[PDB]
Amino acid sequence: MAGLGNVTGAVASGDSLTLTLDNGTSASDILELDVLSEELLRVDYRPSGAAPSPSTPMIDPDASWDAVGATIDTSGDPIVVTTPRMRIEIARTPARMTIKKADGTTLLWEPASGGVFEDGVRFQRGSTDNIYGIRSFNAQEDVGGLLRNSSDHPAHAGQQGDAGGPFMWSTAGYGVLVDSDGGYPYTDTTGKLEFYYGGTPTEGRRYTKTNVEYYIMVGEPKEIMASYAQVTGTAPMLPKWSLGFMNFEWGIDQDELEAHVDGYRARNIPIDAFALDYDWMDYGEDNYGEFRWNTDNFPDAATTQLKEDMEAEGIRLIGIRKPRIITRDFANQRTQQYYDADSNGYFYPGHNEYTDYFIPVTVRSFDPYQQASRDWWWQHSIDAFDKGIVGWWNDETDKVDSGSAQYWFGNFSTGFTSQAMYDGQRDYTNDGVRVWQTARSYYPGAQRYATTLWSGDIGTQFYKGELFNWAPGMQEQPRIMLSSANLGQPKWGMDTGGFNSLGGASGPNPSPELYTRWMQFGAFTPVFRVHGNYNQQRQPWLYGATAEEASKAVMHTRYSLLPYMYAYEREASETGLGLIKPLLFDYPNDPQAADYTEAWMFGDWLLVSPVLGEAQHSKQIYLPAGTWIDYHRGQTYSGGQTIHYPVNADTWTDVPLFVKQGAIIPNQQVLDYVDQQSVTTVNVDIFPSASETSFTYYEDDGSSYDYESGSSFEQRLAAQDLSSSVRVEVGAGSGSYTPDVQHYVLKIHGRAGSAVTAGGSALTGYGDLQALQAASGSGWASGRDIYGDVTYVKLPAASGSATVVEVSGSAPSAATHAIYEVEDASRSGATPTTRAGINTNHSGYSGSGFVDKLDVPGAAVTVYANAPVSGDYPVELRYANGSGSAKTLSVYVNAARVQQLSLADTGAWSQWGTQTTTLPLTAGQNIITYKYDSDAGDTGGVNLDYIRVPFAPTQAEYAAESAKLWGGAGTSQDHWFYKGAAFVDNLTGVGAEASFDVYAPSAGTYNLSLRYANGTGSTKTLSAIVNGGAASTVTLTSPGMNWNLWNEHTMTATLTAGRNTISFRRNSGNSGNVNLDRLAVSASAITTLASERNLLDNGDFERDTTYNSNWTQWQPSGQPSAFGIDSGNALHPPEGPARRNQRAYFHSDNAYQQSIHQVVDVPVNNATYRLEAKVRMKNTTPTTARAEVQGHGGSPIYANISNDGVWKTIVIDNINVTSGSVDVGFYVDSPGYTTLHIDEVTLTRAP
Amino acid sequence: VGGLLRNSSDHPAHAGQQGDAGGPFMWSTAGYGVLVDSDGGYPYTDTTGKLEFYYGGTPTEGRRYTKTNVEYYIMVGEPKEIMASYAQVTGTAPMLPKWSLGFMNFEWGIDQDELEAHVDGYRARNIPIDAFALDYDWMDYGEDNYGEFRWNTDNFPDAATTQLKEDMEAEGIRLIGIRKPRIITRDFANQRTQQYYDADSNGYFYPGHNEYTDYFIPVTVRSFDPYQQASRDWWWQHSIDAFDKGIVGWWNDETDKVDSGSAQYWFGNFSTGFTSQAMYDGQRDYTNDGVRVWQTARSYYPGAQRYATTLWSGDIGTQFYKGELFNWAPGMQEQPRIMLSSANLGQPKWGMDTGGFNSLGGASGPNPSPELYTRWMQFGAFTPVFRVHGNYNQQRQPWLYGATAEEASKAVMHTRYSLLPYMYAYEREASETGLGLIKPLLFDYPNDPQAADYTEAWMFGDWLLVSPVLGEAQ
Ligand SMILES: C[C@H]1O[C@H](O[C@H]2[C@H](O)[C@@H](O)[C@@H](O[C@H]3[C@H](O)[C@@H](O)[C@@H](O)O[C@@H]3CO)O[C@@H]2CO)[C@H](O)[C@@H](O)[C@@H]1N[C@H]1C=C(CO)[C@@H](O)[C@H](O)[C@H]1O
Ligand SMILES: C[C@H]1O[C@H](O[C@H]2[C@H](O)[C@@H](O)[C@@H](O[C@H]3[C@H](O)[C@@H](O)[C@@H](O)O[C@@H]3CO)O[C@@H]2CO)[C@H](O)[C@@H](O)[C@@H]1N[C@H]1C=C(CO)[C@@H](O)[C@H](O)[C@H]1O
Ligand SMILES: OC[C@H]1O[C@H](O[C@H]2[C@H](O)[C@@H](O)[C@@H](O)O[C@@H]2CO)[C@H](O)[C@@H](O)[C@@H]1O
Ligand SMILES: [Ca+2]
Ligand SMILES: [Ca+2]
Ligand SMILES: [Ca+2]
Ligand SMILES: [Mg+2]
Ligand SMILES: [Mg+2]
Ligand SMILES: [Mg+2]
Ligand SMILES: [Mg+2]
Ligand SMILES: [Mg+2]
Ligand SMILES: [Mg+2]
Ligand SMILES: [Mg+2]
Ligand SMILES: [Mg+2]
Ligand SMILES: [Mg+2]
Ligand code: NI
Ligand code: NI
């Protein structure tokens, strides 16, 4: 904010004057003045004499003036330029310009305080001078006058009929024009007349100028304006017809046009032109539709005929143009115009795609408050109902939000809209089809008419403000749900996956992580539904294998709980309480439940707390008074505390779910839909408490209002743990509905009895659950499951009288394995009629059958096996192979391809064998899938009978990132070759620690191995603290100055049966300053874990892309990178990862070469290794697309990638390494538009 | 999104919008509830111990059930007992079909083939699902004869009969359909609908809700960059065909600002000039300077004039003045000030939508009155770019406004057209000095204080001063 310095040189030459100004440095400022006309001066200020920037497009590039012959007198102070019309004085000390008329009248001057500077011009003039220019007003603004005597409005083009620019002039005889892209003119009534470049204005700035180029005009307004047009350009002449009247019109076609022109001509009302709005063009369509004549509206525009016929009637045509292209046709296909624009960079910078609307329609709200209005609404709805609309999604019953229409519906609109459909559908069907509706508001009473509530247009993000701030996301939703419940509307759901994104419908889908977590969440809410914006897709397979499998998994849990759930639907008809409730319902005096929403009750007997955090490794979960049993992991917790709960951030398989002691939970086989088949056996899991608890099992038709007049079935189930037995009462049948249930199978957890009695009779004992199920009439059996000892008791349901069962004694199973019969498991395949099957047509099977039709590509069977801790589980597959030779099948665990199983011929189809494979399981639920994956080279073609999963692993693992961290310990991905989804760093402050919860079957000494990094150069120390006992020192050597190296610290620890705490803390004497990754635990010597075989760093590309990996890339010199890593969720439909959240891609609009490589030193030189990857290719066939192995001692090995669109597995086996290292790579050579996706790359030591 | 606690609460009791819920129902885990019968109202709590409820004034949402008495309920018990009592007073919930405990896929942008393929994708994977919910796709929303209640057989051919219902039932799929509590009162062809006539004659529209123009087919678009030569070449190249077949003037709209949903993007100050430059350079090359360019844009920044463009005053209001009918757009009376402000910035080739663009309720709203129309045509005829325009399916031919509007319009048009050779000289003048057909009086009278802010009259060429009648009933 400072003016020019003194003149140190003046060089006149023709009409130019060049001034050098002192700024105190060797690089002086320049000020070039040019006299352009007698009444027009150019001034260019170049700070430090640097070259001027290019002139903006304000300036006419072709402007040209006659020589003026001005008089420039450099002899005196001031320096003096004169013409006949003006006099310019520049004082020397400091340099200051005064502008005058020839006659000496002062027009304006730069003040002492400062004139021109680096960022603008500053003048002073007569304070009563009237100023003009700068700005106009738009069609949304208050409209001022012409005077600009107190102005600070920016100079901009503006919008909606605005005009403006850096042009301030006065009727007092002068004008000032500054070459600028936007900026801030300033005037006030002290006489100031200023212009500042200022900061980037709202409209953007794409022409910046290091210089200040300005023009000073002198004269009357006509002369001022003439000079403005010499500088900025004159207007070319419009066609003469442009002086005529024109009729602009929106909503018009060729017939109407012709009528309109006839009307004008018949009445001798002149007219030269019509302007046509959207009507004229095929806006919305492919092939440059927004440039081509709409021949539906204007048929004769197929040729020049329309032009020529209107010419003959004296009509020229004008056509509307929007400076934008349609990037998606009405069929949701990328347009040709998109491809051309995207490839050549023709989109406006900073403007992304966005969703517009363009066909208007006129609507008006209906009144549901009137009975006669409601009847009419229903009567016109009947035809839609008979043709299959049987649920009513009653949208927008709350508020209209649309231009000038901001109208509110009243508080009873949702109830009355709902009543219309309810009284209506009830009358028409004679109480024979139950009503289902949803609305997006609730007020009391509305529930009488059978409506749910959904949370409206929520955002596709983790929480409010993650991605944008105008809608909440996933994390807020439990608070909405529980608030609805506190209002007596527990029948609630949400748009799982979110509705809104930045840019509207074209905005991103949810990430695979966000989608997976949201499905896990919604499976434990009452109205379980996905939704999204226009042309968005929400099918779980589109989000990659983790999202598919985890979603499937939690959906199986929900559907297995149908009989549990449905009893709550019944309760809502008696008391209004439904399937969910907040903890404060059950714990009204617990201050920790008062505002608790991160967990909630699902029915009476399950507390659920979904993982809602992005990249979350552990949850803090409040458990209120009682005793809780982990649904998936088996351990107990006592209530009245907040627990630390590890979750596997890599698999996304956990849904933290806890059984309340007392629980009586009816459940059933998984159906594809609710009434797919009759269910004749209901399971009832019972976890007895010392006080009686009960559950009233309930059936009815599921369809009609018959239940209202007694047509239903109920039976009261009740349980109690006694001093030395468990008592369970199956009360007598009640009601008139003949239920489908024939037998309950009670699963009484906590005791494996030696006897089960009832009415003076000891029930017949069978050897196992299987043999019990196959028996007719009553029995018992016992076993072990994830929870511990269990007693099974099979009974008739729907007896006319009460049955009281008492399980006594304790005779625990010695079973070491659970058995899952795969014919009870999940059967799938590529199409609905090529799924794997159940069969009994060969002998020797266990259970009720085995699984066949693993002989069409993609056929598979999927078992959900619970594990108490993470680790190595040797899982036995019983199968038959009567094909004459060995057959292959993939084993997938938690959506990762673990192994190709080679299954030997067994002699015949009725002869069975066993293959045992060590599986990397995670604590809680695991997804184990045996699949014919022809794209991985499997053959399929075997039959599977069961699998056997040990109750205990051979060795356990615990992730450091999922441990309780304290004292500054945190998680990080900022170094390479960690296992799992992260590691623990920042063990630097005293008190910093990681505390593992380790389980043991028996008291004893166990081996530990702790995986740690130490790149400090020297040995460092932590303390180990087992069960709060005495600190032992842990001495951790350093491989060197390198944080990408990991070693094992081996040690023993004395442990107790059950839960143990083992901490690694920096105590005051310890030095700290190491990174921890995983603790392995076993009764035997610890070996390589099945989860940790991968020698690559970031082989799954899951690492947050802010952080690097051992991957490197290459392209030819001067080519942009074609390589990135992301989730594919921006695309519609999503092109998702193969597993978890991310995948590498190669893509370019133009021709390209691209590779990525990773080099690793192998653990054992002179041995065999193996490369596996998932790869997907689409669009243009490339010249080369391959996996590559090289640098290993032998010559390059290649495996080609085949253009398809689908995820395939590429494998390079028998990599004989003799160099000590291996380079694995992927390379594409493309002519353009080849997309390659790479995922799940593993380099392992090969059998 | 807050918590569950309502310990310091003044939020009103309403149904709300967009997933909201509320009511005059206040209860505590300390062992009590309070339910008041009310249509809206104002619950109040605070940490000194107040638990209050006020009817107060008419809410935002309206109030159709007013009450002289005060009917309330006190509940005593633990939370589940309070909630049961609430359901005794306001109603228990009827049981929903059992399938409604299943998974449901809701979708917007779906036809029969896609639905079938989705369902096949679930079943093939043994991923359970009981229901698809269909958005607008399922219905002939926008058409006559109750189209907003009728299956769209272009998207769902087999919903012509019970076939879709039945094949989907066989696959374990129930169908849900979206409903909107409104009807279309003008079909796509601007014709009043059967459903309109039925609701109007029976009184079935929501009180206080007039009709209004909504939009319903979404399209995806992206702005082009006219700042680059190769972009302009491309834009022109693709316009040649439309030009050969009769588009000889370029009405370049929305070169200023995107105001659309979440999308709020500005174009730069040279956007108009450069858009204009694309058509100018192009047409001139292609016709070898044989066909004069004409264009209009709704913004002006200096230099844009070089590329042959006029300026229009945007989506102005169909009204005499700002605030006569609505406050959010100016009307006719303001337009001289805008025109003359453009002139002072060197853009005298200026026009306006004679008749106005915007009315209350959108395109469905009122045309100009004959008086407004007539006075505006008279004014228009003495401005440089003389044009009527209006909103979607609105009409601006003068004969529709009755015989005074017809005849007075004709008359003033005849005056304008007789002045062709007077006018055309000023067109020539704008090619030499940039001065044009209008100018404010302060150009001729730079020292007259009565001319300094004067915009109720102006000069049309050098020798005529015009001051159109713009007051109602003046
Ligand atoms: C048709 C017009 O649509 C867009 O702008 C209009 C809005 O959609 C309207 O809702 C209205 O907005 C106002 C609110 O209703 C009101 O409550 C208040 O908040 O003010 C708002 C205005 O600030 O009016 C808008 C302006 O007309 C769109 O942005 C606009 O460009 C559209 N007009 C052009 C389009 C066509 C159709 O091709 C042409 O016929 C016109 O000449 C164009 O200027
Ligand atoms: C489709 C949806 O549209 C309407 O509301 C949405 C707006 O159209 C969007 O532009 C967006 O507005 C936000 C601005 O982008 C943002 O800058 C900020 O100002 O906040 C605005 C909103 O607070 O989002 C709006 C909300 O989605 C309309 O009012 C709404 O009812 C519409 N949603 C229903 C329509 C369909 C299609 O039939 C259903 O699929 C949905 O489930 C409905 O809820
Ligand atoms: O009014 C003159 C003023 O202009 C500049 O400030 C700009 C600022 O850069 C913009 O970001 C925006 O907020 O508008 C302002 C003007 O309204 C100068 O930096 C300042 O010194 C000067 O007084
Ligand atoms: Ca079996
Ligand atoms: Ca780890
Ligand atoms: Ca991955
Ligand atoms: Mg010169
Ligand atoms: Mg004054
Ligand atoms: Mg600068
Ligand atoms: Mg029309
Ligand atoms: Mg004709
Ligand atoms: Mg066409
Ligand atoms: Mg779709
Ligand atoms: Mg089919
Ligand atoms: Mg139809
Ligand atoms: Ni402005
Ligand atoms: Ni509210």
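A, B, ... follow the sequence lines: proteins, then strands. Residue 1 opens every chain. Side chains are part of it too, since the values below use all heavy atoms of this structure and drop only hydrogens, waters and symmetry mates. Just follow the structure's listing: the first ligand is 1, and inside any ligand the first atom is 1. The structure shown is a partial extract from the entry, and contact counts are restricted to the extract.
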- ligand 1: drug: acarbose
- Tell me which macromolecule has the most close contacts with acarbose (ligand 1), using the naming in the PDB entry. Glycoside hydrolase family 31 alpha-glucosidase
- What chains, other than any belonging to the drug, come within less than 4.0 Å of acarbose (ligand 1), counting only non-hydrogen atoms? A, B
- Task: Examine acarbose (ligand 1) and decide if any of its atoms is less than 4.0 Å from a heavy atom belonging to A:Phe248.
- Result: no
- Query: Does acarbose (ligand 1) have any atom that is closer than 4.0 Å to a heavy atom of A:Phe358?
  - Reply: no
- Item | Element-labelled atoms of acarbose (ligand 1) that are located less than 4.0 Å from some non-hydrogen atom of B:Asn358 | 24 (O), 26 (C), 27 (O)
- Item | Entry organism field for chain B | Paenibacillus sp. 598K
- Query: Does atom 32 (C) of acarbose (ligand 1) have any protein heavy atom closer than 4.0 Å?
  - Reply: yes
- atom 44 (O) of acarbose (ligand 1): any protein heavy atom closer than 4.0 Å: yes
- For A:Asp277, atoms of acarbose (ligand 1) separated by under 4.0 Å from a heavy atom: 36 (C), 37 (C), 38 (O), 39 (C), 40 (O)
- Work out whether the distance between some heavy atom of B:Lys257 and some atom of acarbose (ligand 1) is less than 4.0 Å. no
- Binding site of acarbose (ligand 1): which residues fall under 4.0 Å, heavy atoms only? A:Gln140, A:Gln160, A:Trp250, A:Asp277, A:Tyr278, A:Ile320, A:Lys322, A:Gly403, A:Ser404, B:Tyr215, B:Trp251, B:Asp253, B:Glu254, B:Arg298, B:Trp312, B:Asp315, B:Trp328, B:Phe357, B:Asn358, B:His389
